[PDB]
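As structure tokens, the structure follows; a few thoughts come after it.
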Amino acid sequence: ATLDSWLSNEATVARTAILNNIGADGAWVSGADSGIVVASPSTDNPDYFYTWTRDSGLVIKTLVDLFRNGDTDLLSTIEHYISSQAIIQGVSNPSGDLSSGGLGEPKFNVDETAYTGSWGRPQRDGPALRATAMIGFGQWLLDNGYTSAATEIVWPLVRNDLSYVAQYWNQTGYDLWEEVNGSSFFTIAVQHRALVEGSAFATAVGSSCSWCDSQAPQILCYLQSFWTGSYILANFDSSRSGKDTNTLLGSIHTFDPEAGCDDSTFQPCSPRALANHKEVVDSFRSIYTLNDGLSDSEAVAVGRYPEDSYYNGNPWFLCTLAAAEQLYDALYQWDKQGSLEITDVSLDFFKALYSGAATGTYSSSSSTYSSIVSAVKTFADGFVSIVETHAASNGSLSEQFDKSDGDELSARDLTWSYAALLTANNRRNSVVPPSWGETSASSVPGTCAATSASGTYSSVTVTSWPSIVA
Ligand SMILES: *[C@@H]1O[C@H](CO)[C@@H](O[C@@H]2O[C@H](CO)[C@@H](O[C@@H]3O[C@H](CO[C@H]4O[C@H](CO)[C@@H](O)[C@H](O[C@H]5O[C@H](CO)[C@@H](O)[C@H](O)[C@@H]5O)[C@@H]4O)[C@@H](O)[C@H](O[C@H]4O[C@H](CO)[C@@H](O)[C@H](O)[C@@H]4O[C@H]4O[C@H](CO)[C@@H](O)[C@H](O)[C@@H]4O[C@H]4O[C@H](CO)[C@@H](O)[C@H](O)[C@@H]4O)[C@@H]3O)[C@H](O)[C@H]2NC(C)=O)[C@H](O)[C@H]1NC(C)=O
Ligand SMILES: *[C@@H]1O[C@H](CO)[C@@H](O[C@@H]2O[C@H](CO)[C@@H](O[C@@H]3O[C@H](CO)[C@@H](O)[C@H](O[C@H]4O[C@H](CO)[C@@H](O)[C@H](O)[C@@H]4O[C@H]4O[C@H](CO)[C@@H](O)[C@H](O)[C@@H]4O)[C@@H]3O)[C@H](O)[C@H]2NC(C)=O)[C@H](O)[C@H]1NC(C)=O
Ligand SMILES: C[C@H]1O[C@H](O[C@H]2[C@H](O)[C@@H](O)[C@@H](O[C@H]3[C@H](O)[C@@H](O)[C@H](O)O[C@@H]3CO)O[C@@H]2CO)[C@H](O)[C@@H](O)[C@@H]1N[C@H]1C=C(CO)[C@@H](O)[C@H](O)[C@H]1O
Ligand SMILES: *[C@H]1O[C@H](CO)[C@@H](O)[C@H](O)[C@@H]1O
Ligand SMILES: *[C@H]1O[C@H](CO)[C@@H](O)[C@H](O)[C@@H]1O
Ligand SMILES: *[C@H]1O[C@H](CO)[C@@H](O)[C@H](O)[C@@H]1O
Ligand SMILES: *[C@H]1O[C@H](CO)[C@@H](O)[C@H](O)[C@@H]1O
Ligand SMILES: *[C@H]1O[C@H](CO)[C@@H](O)[C@H](O)[C@@H]1O
Ligand SMILES: *[C@H]1O[C@H](CO)[C@@H](O)[C@H](O)[C@@H]1O
Ligand SMILES: *[C@H]1O[C@H](CO)[C@@H](O)[C@H](O)[C@@H]1O
Ligand SMILES: *[C@H]1O[C@H](CO)[C@@H](O)[C@H](O)[C@@H]1O
Ligand SMILES: *[C@H]1O[C@H](CO)[C@@H](O)[C@H](O)[C@@H]1O
Ligand SMILES: *[C@H]1O[C@H](CO)[C@@H](O)[C@H](O)[C@@H]1O
């Protein structure tokens, strides 16, 4: 009713707002070079007029998926991004050069110059995210007969990022929130994915990624350590509880539509990800006045972590959208499978929504199933309603919304907020991303080793783009 139509409208707004934030024709970011995704046009309090590898990677992957689904007009935006990355990779910065750690640098100026002040650096998710976004585009180029562009432009760029991940995964750094110096689930999860799809891509182009192959299994091995028995620990080397939407993000950004409810990869429907889901969301129920009065079977406004004090610690549009997207993903998986399972690990999650929940296997034709799935859908939609309630009248999505009154705060028109909107809508409509090979990369080795593999680095120069038609 309100929701479906609001989403339809918001999706259009979200696409437009992202384009306005990408150089060099982006309406909100004059000064940004060609293909530079700006986090936000906000240049003062806060100053987000920079380009983050993470934000850009996430945004572009989203645009790539839209493109592959028929949004052909996004072609030049993607080409520009790729071209810009060829340059950025080579920018000498506080984290190093191309071959000596440069790839890990969190953000840059919109003009493609290094940001030299103090920052929580490096952030090792970046390279993984940029690689995943490029690989998707690379796959389309292969499928549509533009092998050369894939082999000579995309591969070489990806190869740099894959080498970095394989080389430093087992080293500390900052989390996606840029505040904890340690080992972060989100980072580890996206790094394992990148290596697996990086390897398949390498083969597709007639090359190889030996370092992708030796390291992926080891990253996976390590990933298991994040399960505490009741939830996913966001970070090692932290004094916090460990409950963080970092873990929801890790799950949705590594969702493979071909995968079952695999615990080893923390898929959306896995018992571990469902138990984690409740523990995370529940942590925001009594700390935000905006959540006052809601029951345990009701959607709530979700922040980053319960201990957050950034701008006082408020819910985030993207964190709230992620809580819904994980559910949309699990619905798709159960439906595709033709059953859902309730285990001791995930009982609390189900029991909060369907009080008659009991462990066992429920086929898609069973009454229990119908009852659970409707309840899950209503819950998932509830998170999206909170978003709709607090968005600006014209559809503007901010970074945060006030924990007490829901007013928008922090960076305005946050590009990441817009991409999160698109992906949650997509999943809601059963529009899923291409598979990354999870079905051949969920086996955990019997012994985890603290290791690395060094790949190879080489500077890429993009002379010209072939005249691609879509
Ligand atoms: C839905 O409607 C919304 C409501 O109208 C609409 O949002 C509005 O969009 C306009 C842009 O179209 C915004 O205008 C900008 O305002 C800047 C000042 O903002 C502060 O003051 C406002 C007035 O009191 C506040 O309302 C505003 O609050 C918002 O932002 C807060 C912080 O993020 C947030 O917490 C609040 O909740 C609220 O959301 C804020 O406090 C003003 O500075 C800016 O001017 C620049 O941009 C113009 C062009 O876009 C230029 O002509 C102008 O000269 C300035 O250019 C400089 O900055 C640009 C980047 O933004 C650069 O591209 C330029 O190159 C240039 O940069 C120079 O300076 C930099 C210094 O740091 C430097 O880094 C550069 O290198 C360079 O040297 C513009 O006027 C307005 O703020 C929005 N209002 C609200 C309430 O959000 C929204 O877009 C609509 N949505 C949709 C989907 O349509
Ligand atoms: C490089 O790779 C190696 C190999 O994979 C990594 O080594 C593994 O590291 C993990 C994490 O330290 C380690 O797991 C610990 O094992 C201990 C016993 O075997 C546990 O006592 C410890 O418990 C913590 O995590 C649990 C979840 O697994 C929680 O239930 C528990 O509450 C503990 O969590 C608290 O304490 C930790 C302290 O570690 C703190 O940081 C948290 O924030 C939280 O407060 C772990 O389970 C494996 O045993 C190691 N494996 C091997 C073979 O040595 C190495 O960590 C990698 N390094 C980097 C930088 O990436
Ligand atoms: C944008 C970012 O802002 C906050 O963190 C910043 C500090 O504001 C900044 O001053 C700097 O802090 C270092 C400090 O200057 C130095 O004196 C001290 O030694 O070390 C500090 C490093 O810990 O850098 C940090 C970032 O490292 C918030 O705490 C961050 O959560 C916030 N990140 C946002 C913004 C973006 C852009 O969209 C997202 O990529 C990110 O996920 C999100 O959390
Ligand atoms: C993930 O992949 C492993 C192999 O790596 C399978 O054994 C598992 O069933 C799942 O498909
Ligand atoms: C499943 O496959 C992994 C490699 O992907 C092995 O390390 C594991 O022991 C199991 O055979
Ligand atoms: C880390 O450890 C593995 C095996 O223990 C090695 O093969 C690798 O070269 C690195 O030293
Ligand atoms: C990654 O780090 C390992 C340490 O285990 C080295 O052996 C390897 O050569 C690469 O530097
Ligand atoms: C890791 O080490 C290799 C050598 O095995 C280098 O080629 C690479 O650039 C990185 O330093
Ligand atoms: C590592 O490998 C690449 C690809 O073979 C080389 O181009 C690079 O110079 C380094 O030797
Ligand atoms: C390493 O590889 C890149 C990508 O092909 C080249 O541009 C560079 O000349 C070196 O051979
Ligand atoms: C690869 O790196 C070189 C510098 O090492 C740059 O000149 C080139 O633009 C590309 O980024
Ligand atoms: C791409 O190729 C040029 C040579 O045409 C280099 O100068 C650049 O650093 C990158 O390797
Ligand atoms: C266009 O031209 C430059 C100069 O030969 C190359 O380095 C680049 O890889 C592309 O082929």
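Here, residue 1 is the first one in the sequence, and each next residue gets the next number. Counting convention: from 1, in listed order, for ligands and their atoms alike.
- For ligand 3, the recorded drug is acarbose.
- Lab note: main contact partner of acarbose (name per UniProt) = Glucoamylase I.
- Looking at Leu414 against acarbose, only its side chain comes within 4.0 Å, counting heavy atoms.
- Looking at atom 17 (O) of acarbose, its nearest protein heavy atom turns out to be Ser118 CB, 4.5 Å.
- Within acarbose, the atoms closer than 4.0 Å to a non-hydrogen atom of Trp316 are 43 (C), 44 (O), numbered from 1 in the order shown.
- With a 4.0 Å cut-off on non-hydrogen atoms, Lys107 does not touch acarbose at all.
- Here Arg121 has no heavy atoms under 4.0 Å from acarbose, in either its backbone or its side chain.
- Relative to acarbose, the closest UniProt active-site residue in chain A and its heavy-atom distance to 1 Å are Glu178, 3 Å.
- Applying the 4.0 Å criterion to heavy atoms of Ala39 picks out, from acarbose, the atoms 38 (O).
- Within acarbose, counting atoms from 1 as listed, the ones closer than 4.0 Å to a heavy atom of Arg304 are 31 (O), 44 (O).
- Using a 4.0 Å cut-off between heavy atoms, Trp416 contacts acarbose through its side chain alone, with no backbone atom that close.
- Under 4.0 Å from acarbose, the heavy atoms of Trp52 that appear belong solely to its side chain.
- In terms of protein heavy atoms, atom 30 (C) of acarbose is closest to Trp177 O, 3.2 Å.
- Under 4.0 Å from acarbose, not a single heavy atom of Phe186 appears.
- Any N or O atom pair closer than 3.5 Å counts here, and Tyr174 shares no such pair with acarbose.
- Set against the non-hydrogen atoms of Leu176, the atoms of acarbose under 4.0 Å away are 41 (C), 42 (O).
- Considering both main-chain and side-chain atoms, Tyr48 never comes within under 3.5 Å of acarbose through any nitrogen or oxygen pair.
- At a heavy-atom cutoff of 4.0 Å, acarbose is contacted by both the backbone and the side chain of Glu178.
- Under a heavy-atom cut-off of 4.0 Å from acarbose, the UniProt substrate-binding residues of chain A that qualify: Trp119.
- Near acarbose, within 4.0 Å on a heavy-atom basis, the structure shows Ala39, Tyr48, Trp52, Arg54, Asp55, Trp119, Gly120, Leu176, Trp177, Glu178, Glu179, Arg304, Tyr310, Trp316, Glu399, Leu414, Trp416.
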